[PDB]
> 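Got a PDB entry here containing cefuroxime. Few questions.
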Amino acid sequence: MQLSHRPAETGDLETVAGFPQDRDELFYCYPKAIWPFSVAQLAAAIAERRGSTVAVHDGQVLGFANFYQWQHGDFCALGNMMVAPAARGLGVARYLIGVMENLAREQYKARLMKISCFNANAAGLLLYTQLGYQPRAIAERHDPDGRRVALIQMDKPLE
Ligand SMILES: CO/N=C(\C(=O)N[C@@H]1C(=O)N2C(C(=O)O)=C(COC(N)=O)CS[C@H]12)c1ccco1
């Protein structure tokens, strides 16, 4: 793919907010959100986070991610990882994760990137593993139906 990236803009909101296809996908990428997803919920996330970035191919916004934790000189934690349904498995997430790693190193002087992935998200767990992330801990969380899920906390040194 001929991918580029830039900071997320207002005009991208409607597109990105269309990416989660069901409650599970929304929970996996934004567990505080309530289905149905909306532009206002995405904009609120952006306002309270850092680094919101889109990946673009052939004029189309295909990916989005941000940081929900950032500690200068230490680490960032990547979240809100969303990819357009027509572009899944084509390398958009891996591209964007690489972009966000550079942004963490360069702008936050981070030595580590943290990613948390829910247990049900096999594709996520396998991709982050391919990208050199290692599992560090498992935490209990609850899904929207009040059922227990396992949040797998992974990390990777930067550089
Ligand atoms: C306050 O912490 N509560 C969390 C909690 O760990 N949220 C954290 C938070 O924000 N994350 C995000 C996020 O919103 O970007 C994700 C999404 O990750 C990816 N890979 O896209 C995983 S979870 C973590 C939680 C989860 C369920 C109930 O509570």
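Residue indices begin at 1 and follow the sequence shown. Whatever order the structure lists ligands and atoms in, that order sets their numbers, starting from 1.
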> Give the name from the PDB entry for the chain that makes the most contacts with cefuroxime.
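Largest number of contacts: Uncharacterized protein.
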> Under a 4.0 Å heavy-atom limit, does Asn66 contact cefuroxime with its side chain, its backbone, both, or neither?
neither
> With atoms numbered from 1 as shown, which atoms in cefuroxime lie under 4.0 angstrom from a non-hydrogen atom of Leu151?
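Cefuroxime atoms under the 4.0 Å threshold to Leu151: 6 (O), 23 (S).
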> Considering both backbone and side-chain atoms of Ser116, is one of its nitrogen or oxygen atoms within less than 3.5 Å of a nitrogen or oxygen in cefuroxime?
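For cefuroxime, there is an N or O atom that lies under 3.5 Å from one belonging to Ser116.
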> Check cefuroxime against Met81 and write out every atom of the ligand that is under 4.0 Å from a heavy-atom position of the residue.
21 (O)
> Quick one: does cefuroxime sit under 4.0 Å from the side chain of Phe118, the backbone, both or neither, non-hydrogen atoms only?
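Answer for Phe118: side chain.
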> Which residues count as the binding site of cefuroxime under a heavy-atom cut-off of 4.0 Å?
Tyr28, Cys29, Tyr30, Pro31, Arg49, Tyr68, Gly79, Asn80, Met81, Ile115, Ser116, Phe118, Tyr128, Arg141, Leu151
